[PDB]
Each structure stands twice: as structure tokens, then as C-alpha cells.
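Pictured: Reverse transcriptase/ribonuclease H, co-complexed with nevirapine.
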Amino acid sequence: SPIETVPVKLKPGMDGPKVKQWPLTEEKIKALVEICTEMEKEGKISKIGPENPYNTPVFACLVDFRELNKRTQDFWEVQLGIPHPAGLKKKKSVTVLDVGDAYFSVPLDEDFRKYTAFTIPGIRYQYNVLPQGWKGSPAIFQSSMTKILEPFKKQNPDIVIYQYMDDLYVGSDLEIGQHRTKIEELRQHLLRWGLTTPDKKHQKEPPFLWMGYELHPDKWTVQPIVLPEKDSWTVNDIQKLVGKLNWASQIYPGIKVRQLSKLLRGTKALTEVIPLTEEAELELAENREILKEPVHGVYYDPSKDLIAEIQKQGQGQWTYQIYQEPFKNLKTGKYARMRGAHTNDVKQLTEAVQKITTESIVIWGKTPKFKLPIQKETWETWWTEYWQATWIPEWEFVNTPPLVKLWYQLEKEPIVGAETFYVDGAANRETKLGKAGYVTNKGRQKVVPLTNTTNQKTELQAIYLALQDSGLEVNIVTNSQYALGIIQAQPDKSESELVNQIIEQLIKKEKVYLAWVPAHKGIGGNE
Amino acid sequence: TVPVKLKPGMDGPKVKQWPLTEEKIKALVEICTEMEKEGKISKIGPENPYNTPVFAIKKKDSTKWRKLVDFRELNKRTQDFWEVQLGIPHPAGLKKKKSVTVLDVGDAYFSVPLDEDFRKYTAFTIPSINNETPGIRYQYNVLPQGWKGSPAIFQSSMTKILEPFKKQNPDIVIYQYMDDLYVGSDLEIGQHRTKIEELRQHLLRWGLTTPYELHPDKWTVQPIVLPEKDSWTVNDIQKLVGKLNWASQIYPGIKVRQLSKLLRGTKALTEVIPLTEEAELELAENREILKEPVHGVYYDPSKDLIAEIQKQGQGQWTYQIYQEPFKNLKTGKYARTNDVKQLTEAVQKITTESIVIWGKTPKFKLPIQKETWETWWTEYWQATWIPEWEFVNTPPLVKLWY
DNA sequence: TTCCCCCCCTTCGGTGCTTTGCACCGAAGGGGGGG
Ligand SMILES: Cc1ccnc2c1NC(=O)c1cccnc1N2C1CC1
């Protein structure tokens with residue numbers, strides 16, 4: 001109760017609530033006055049005269065502070081993120097405290113009490129403490145409790161205390177008998193500031209249910225996921241299943257959601273049915289089989305090193321585990337986002353590696369050592385040749401298939417004796433019809449009519465015609481930067497089946513060289 | 001104190017804080033605990049909504065960590081306090097001096113306090129590992145290192161400190177950009193080093209704690225060159241016509257009509273072509289035309305310079321500084337460990353040269369992933385300033401610079 | 001009929017060539033754990 005207040009202001013050109021008379025049913029009007037008299041006894045609310053032109057609507061089930069919440073100054077964000085259990089250090093004893101009337105045990109700013117005017121139909125009063133339901137109250141309470149708790153930790157540093165809103169988790173390596181006397185010291189210290197923490201016999205016992213995790217002193221797990229049972233699923237049912245699987249992936253290894261994420265495409269209606277294909281149902285059954293048994297994480301030990309295995313489940317989906325001792329995961333997860341229309345496995349490995357890098361910086365404060373399924377020379381060639389910049393922090397190869405390898409590679413200089421093609425593609429922009437074909441140096445020629453393909457598509461599949469009508473040693477000349485940019489990146493997957501067929505042709509050939517020449521210069525066969 | 005006005009009708013700095021390593025957080029905690037005793041920083045409460053990012057770095061051949069605050073949003077908002085109130089005219093002879101030495105005078109900003117109404121705008125937060133505790137917040141009580149208004153207020157003291165020196169040695173050129181001082185002279189290395197040391201002492205007796213040579217004659221924009229083959233082939237000739245066709249836009253005195261005349265019918269790319277003498281003349285004349293500098297390319301203060309970096313491979317990066325496309329103010333190569341480290345050093349060198357030449361850092365276009373850069377750019381950085389960087393999404397398909 | 005803090009995926013809007021089709025990217029929807 002004897003706590004320095006926080007000086008609150010208001011935004012420029014703003015005032016307090018101007019709310020007019022509020023109608024209320026008589027039985028509620030008479031009944032609620034007793035609480036208002038009670039609160040005023042200890043001084044939480046104080047009667048005021050007519051100097052206040054502010055009034056607040058009355059609700060019974062509670063005050064509608066929305067007018068103040070909108071017109072009040074902006075504050076600093078109270079919770080920029082919550083811990084992750086994987087990063088928590090292991091404590092021999094852990095205890096939970098809950099301070100009672102916490103939002104009422106911190107005074108309010110003197111100059112701001114005026115704006116919290118509330119009238120019972122009618123007599124008025126103003127809040128002398130942090131009003132509940134207010135926008136800025138949680139931040140002020142957090143600051144106040146930080147100030148209160150600091151001295152105790154200053155004398156005793158062997159304990160660690162965490163403040164989740166009203167809750168105070170206290171952990172230590174002291175013996176149980178000696179830990180209880182420390183928790184009694186904390187209780188006395190919070191009593192000295194007037195905070196209603198419970199007694200010994202009312203304290204909670206492990207595990208603790210926090211933010212969706214069951215926290216034990218020496219392990220942690222996730223809240224049990226009850227998988228929906230729907231023989232006829234819908235949009236909402238699939239969305240809920242996907243959300244719970246994404247949430248549950250952090251401790252259950254190897255969970256696929258992409259097959260089920262596909263079914264949620266292009267459904268404007270909330271209720272319209274979407275049948276589970278063979279693939280989606282098979283994946284769902286496998287996920288149920290995974291979630292059948294319970295698995296637990298462990299607590300970070302800052303005297304040992306961090307290892308982050310990374311496996312590939314196929315189809316652009318990656319799983320990873322993080323541990324310190326073998327077979328004891330600190331954390332698990334998956335990376336499955338597709339970025340861009342065209343990419344290959346090495347680039348997705350790179351994106352996964354940097355994802356885990358950022359998450360491990362946030363949670364553990366340091367980058368782990370990757371054990372990647374890629375050959376050293378493969379990665380070396382890729383980063384030396386690629387046009388961007390990238391650097392995987394530290395990694396070693398793991399001989400656990402499936403591995404990563406670029407399925408093909410182009411040639412740098414034209415091949416002697418290799419058959420040479422001069423391709424082109426055009427399409428009528430108005431009618432979406434066109435032609436595509438090539439003129440080989442030896443004399444072979446071929447042209448194809450085309451419909452429902454744009455200029456880019458026809459220029460891209462002229463390469464397909466050339467590859468079809470070729471041998472193994474081929475020198476294609478293109479008059480298109482778009483197709484050149486698509487092919488030159490070594491893609492091994494795409495959202496275009498045309499490019500899929502092109503890639504399938506390109507993997508077959510032993511040596512393919514492709515070159516580009518300008519348009520409208522009439523160069524050789526092009527014209 | 002000197003009152004500071006924000007650009008009218010704008011908000012304040014509301015920027016999230018990037019996660020940091022354990023080492024760079026222990027460094028920040030120690031540095032800020034030591035700074036609070038001197039009264040430079042002041043712990044603040046929940047009534048302050050603003051924030052600017054904070055990192056820790058190391059200097060050249062230095063072990064002590066150094067705090068570094070990103071003030072780019074604050075500068076974009078407070079550039080009214082500079083453009084109107086102090087526009088320093090950039091010396092022109094700085095580009096030619098034999099040696100320019102760069103010195104750090106940021107500590108001299110700690111003496112002069114900051115406007116009390118403005119302080120709330122410079123709030124920052126040291127976060128915690130795993131969000132275990134609420135990050136400890138602070139505010140500047142004296143002028144910070146990183147703001148564009150900090151040197152503008154201190155102009156008088158530095159002029160007063162440097163005038164007893166400028167009177168004696170009128171040949172040297174002294175320029176100030178942010179926390180950094182560029183002193184340029186034509187002396188030889190042995191005399192120049194001792195001159196810079198005694199100059200540091202002149203400031204030290206004035207009460208400045210001041211703790212590196214770029215040769216501006218070497219900083220000359222590079223020429224462009226046509227490829228030379230004693231033996232010409234169809235693939236080699238086709239490549240040249242495209243390279244020249246690209247070159248036509250940037251230098252419009254380049255012609256490829258006769259050069260393309262040989263290439264008229266399908267021919268194996270590998271086959272050799274005897275080169276005709278008339279075409280040989282266009283090739284011979286064109287190589288010389290490339291050497292001739294472009295006309296109309298003069299620095300304009302109204303716009304902002306944009307810098308492109310292209311990885312050419314094997315440690316080589318090529319960059320171009322252009323106010324508008326196809327009109328390059330400068331052009332060069334950087335040759336060099338790592339690959340993000342190479343791009344970091346390239347960015348630093350390009351912007352140091354740009355500060356020397358035109359007096360302002362460019363807008364960088366980086367050939368790197370946004371997330372990899374934002375994770376690792378702070379690990380090899382060693383400069384108190386920070387430019388404005390964007391990132392590119394498509395390969396450099398032309399790539400006709402090296 | 002609240003404020004939203006993160007995790008994930010899809011849909012969609014703006015930008016910039018690779019130019020009136022197409023390439024990434026961030027900003028709207030939902031789900032999950034929240035208080
Ligand atoms: C929710 C939470 C957040 C941060 N730390 C903890 C907790 N709660 C715990 O119950 C806990 C469990 C195991 C280890 N540390 C824990 N504690 C720590 C303080 C002793």
C-alpha cells in the first residue's frame with residue numbers, strides 16, 4: 001500500500017468521460033451499493049462532490065472504462081513475450097504465490113483519480129487505487145511489483161522469482177525445510193507492503209498449468225491435446241485440428257500438417273464440407289498415433305553445449321530437435337513454409353537453419369551446432385555459386401538419409417559436338433493463343449500451336465519442346481530473361497507443372513548448356 | 001540546453017528491440033550499470049511509451065564492448081532540427097588529400113546535457129534471455145551518440161576546441177560527420193601520424209577524451225572494358241553483342257549493327273568465326289569509347305544516393321552509387337573469412353567513401369536475405385553510424401560489371 | 001460486442017521488373033495456448 005504512484009497523463013486535446021445518465025433496473029441499483037460502501041471503507045474509492053463533470057456507465061454481473069481506455073495516453077507494452085519452458089533452468093524446489101486484490105493494493109496517480117468518476121443512481125466516487133479493467137493498470141502493477149521484489153533478491157540471490165500478472169513462481173536449489181523458511185520470508189516481505197498472498201496450506205502443488213504447459217520442478221510437458229473426432233469434418237474443424245497440431249508440435253517429434261493445410265484453400269463458407277483425401281486421412285491417423293503416448297521435455301543446463309539436429313520429412317517439410325545430452329530433447333519443431341514460386345532443397349535448408357538460429361537466440365541466448373544432412377562440398381558449391389549472401393553458423397554432416405543434393409547442374413561453356421537449339425515462343429496477348437518452336441543448327445525444326453498460355457508460359461515451354469526433341473548434350477539459346485532466371489536458379493520444385501516437367505527433362509540430360517541472346521537484334525537463327 | 005523541435009505533425013520512435021546474445025547482454029548490463037553511476041542514463045518507468053533498438057559491438061583491435069543505439073527513426077523525425085538549423089557545407093578538397101584519418105570524438109558529447117523535454121524520446125530497453133524478467137529500461141540524461149542533433153549542438157565547442165589548431169595548420173581539412181572526425185592532409189605517413197597524435201593532444205588539453213588512414217587518391221571510380229579474344233567464336237560473339245547492348249543505355253555512343261551482321265544463320269555455338277575487319281574496327285573503337293566518362297552525371301543534393309552490391313564470386317563484390325538509374329556517380333570493386341562479413345565490410349567501406357566524397361550515407365540494396373542480415377549484421381559491425389538498407393529479391397541477371 | 005503477446009497457414013494488396021504477367025513481401029483473415 002505505501003507505494004509511489006506512476007504519474008499518468010492524457011493525450012493532447014482530450015478529456016475525461018462525458019457519458020450522460022445511464023438507465024439501470026432498480027433491484028441491481030439498490031443491491032450493488034453495499035459493495036460501493038464496503039470498498040469506500042478501506043479507501044479504495046472516495047466520495048466526491050460536484051466538481052467532477054465525468055460519469056461512467058454502470059454494469060452489473062464491473063465498470064465500462066472504454067471511454068478512458070480510448071482517450072488515455074499510450075503506455076509501454078507490459079508483456080513483449082512469455083518464456084518458453086525449454087529455456088527454464090532446473091530448480092530443486094518451486095513454489096507458486098498469488099497476491100490477493102493486487103490491482104487494488106497499488107495507489108493511483110493523484111491527478112488522475114479525478115477522471116475515474118463513477119456514479120451510482122445518485123452519488124459519485126473516484127478510485128484511489130489502480131482501477132481494474134483499465135488499460136494502463138497491468139503495466140503499473142508490473143512496475144510496482146518489480147520495485148517491491150528487488151530488495152529481497154538483493155539480499156538473497158540464490159532464489160529466482162517470476163511475475164506472471166498476479167502470480168509469483170519462486171524457485172531455488174535450497175533444501176525443502178530451508179526453502180519453506182525463505183518462502184515465509186518472502187511472505188513477510190510482501191505483507192510489509194500489504195499484499196494478500198495465501199498461507200502454506202493453500203499454496204498450489206506441482207505441476208503448474210501455465211500458458212498451456214504443465215510445469216514440473218524437473219521436467220515440462222504440454223497440455224493434453226484432445227484430437228477432434230469428426231467423421232464429417234468442416235472448415236472450422238480442420239482449422240482447429242491444424243491449430244492444435246501446430247501447437248503440439250513443439251514436443252511431439254515429426255508432425256505433418258501440410259496435407260491437411262491444403263484442404264483449407266478456397267473455402268469462403270465456414271460450414272461447407274471438405275472431405276479428407278487418402279493422404280490427409282492417412283496423415284491424421286499417423287498424427288493420432290504420434291500423440292497417443294506422452295513425451296516430456298527437459299530443462300536447459302547452461303554448463304553443456306547445444307545440438308540442433310535437422311531432418312527432412314520430404315516435400316519441403318523439415319523437422320528439428322534441440323538437445324544437450326543425447327536422446328533428451330530440450331525442444332522440437334518443424335519448418336514448412338514455402339517462399340517464392342520456385343526453389344530447391346538447399347535454399348530451404350538455409351531458411352530452416354536460420355529459423356532455428358533466431359529461435360535459439362531468443363530462447364537460450366546462443367546459437368546451437370547444427371548436424372545437417374548435406375554434404376560439405378554440396379553446400380560449398382552452392383554458396384560459392386549463388387548470387388546472394390549466406391552463412392550457416394556451424395554444422396557437421398550426419399549420414400542419416402534422405403540427404404540433400406542438387407539433382408542437376410548446368411554447363412559454363414558451350415559443348416563441342418552437342419546439338420544446338422534456337423528456341424522462341426510467342427502468344428497473342430488479346431486472344432491468348434500463340435506458337436512455340438526452335439530451329440536446330442543441323443536442320444531439324446518443329447513448331448507447336450498453343451492456347452491458354454501467356455508469353456512467359458510459351459517462352460518457358462519452348463525450352464520444354466527443345467529438351468524433348470534433343471539428345472543428352474544440348475546447347476539451347478534463349479531470347480527470354482524470364483525463363484533464364486527461372487531455370488538458372490536450379491529449382492527442383494515449383495507451383496507450375498510446366499516447370500516441373502522442364503526440371504524432369506533437365507535431370508535426365510547428362511550435360512545441358514543454356515545461353516541467352518538479345519531480342520530485336522536479329523542475331524543468327526533467332527530472326 | 002538547446003530546445004529540439006520534432007518535424008510538425010509526427011509521432012515518436014516506437015521500435016521493437018531485437019533479441020541479443022548472452023555476451024552482448026552481459027556487456028550491455030555492465031556498461032549501463034557503469035553509465036548510471038556517472039548519471040548519463042536514468043532508469044524510467046511505465047509512463048514512457050517510446051523505444052529504440054540497442055546493440056553492443058567491438059572496435060578495431062579492441063576488447064571492451066561498446067554500446068550502440070539505432071537512431072534512424074529519430075533522425076528521420078528530427079531532421080527538421082538539422083536541415084533548417086545546421087546544414088554543414090561539405091568540403092570539396094577532402095576527396096584529394098593524400099591521407100584522411102578518421103577519429104572518434106563521440107565521448108566529447110557526454111559533457112553537454114540534453115533538453116529535458118526531449119529526453120523521453122530516447123528511451124531504450126535492455127531485454128532478458130527468454131523473457132524471464134522485464135527488460136530494464138533507460139533514458140539519456142546527456143547528449144547521445146548516434147543522433148543527428150547531437151553533433152549539431154556541439155558544433156560551437158568543437159570549433160572552439162579546433163580553432164587554436166586550425167589557425168596554426170591551415171592546410172589540413174577537418175570535417176565532422178556524426179561521432180567521427182575526418183582530418184585530411186598531404187604529408188607523408190611519418191609526419192602525418194605524429195601530426196595527428198599532437199592534434200589529438202590539442203583536443204585532450206581542451207578536455208576531450210579522443211582515441212585509421214584511408215587514401216583518397218586510391219578512391220577513383222573504375223572504367224568499363226570490352227572482352228578481347230584473338231580467336232572469336234559464335235557463343236563469344238553473341239555474348240559481346242548482349243554486353244554492348246546493355247552498355248548502350250549507360251553510354252549511348254556504343255553501336256552493335258555491324259558486330260551482329262556476322263551472326264545471321266543458325267551456327268554451332270562452339271564453332272570459331274574468322275572476324276571481319278570492318279567489325280574489328282567497331283570493336284576497336286568501342287573499347288576506347290567505354291573509357292570516356294559519361295556526361296551529365298553531377299552530384300545533386302536534392303535526391304539521396306542508392307548503392308547496389310553484386311556478388312561476383314571468389315571474394316569479389318562490385319557496387320555502384322547512383323542518384324537515378326543508368327547515371328552512376330561512382331563505381332568500384334571490393335576484394336577480400338565469411339560471406340556476411342564480406343558484405344558488412346563492403347557496406348562500411350562504401351559508405352565511408354560516400355561520406356568523404358558527398359557527405360551522406362547512401363541507401364544500400366543488399367544481396368542477402370533479410371532475416372540472415374538482421375541476425376548477423378551486428379556481429380562484424382564496427383562503425384557508430386548505420387545506413388538505410390533494403391534487400392533485393394531477384395538475381396542480377398545482367399551482371400555485366402566484372 | 002476488450003486489449004491484444006507470441007506460434008502457424010492462407011488470402012490478398014503493393015511494388016518492381018522478370019513489365020499490363022509475374023516475382024516476392026507484408027498486411028488482412030482464421031486456428032492454438034492465453035489472461
Ligand atoms: C512460469 C515460469 C516462468 C519462469 N520461471 C518459472 C516458471 N514457473 C515454474 O513453475 C518453473 C518450473 C520449473 C522451473 N522453473 C520455473 N520457474 C522459475 C522461477 C523458478
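Per chain, numbering begins at 1; letters A, B, ... match sequence-line order. Only heavy atoms go into these numbers, but all of them, side chains included; no hydrogens, no water, no symmetry mates. Ligands are counted one by one from 1 in listed order, and the atoms in each one are counted from 1 as well. Per the header of the entry, the method used was electron microscopy, 3.3 Å.
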Inset, instruction - Report the chain letters of other chains having a non-hydrogen atom under 4.0 Å from nevirapine. - result: A
query = Which residues from the surrounding chains have any heavy atom less than 4.0 Å away from nevirapine?
reply = A:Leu88, A:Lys89, A:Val94, A:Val160, A:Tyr162, A:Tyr169, A:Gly171, A:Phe208, A:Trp210, A:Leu215, A:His216, A:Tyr299
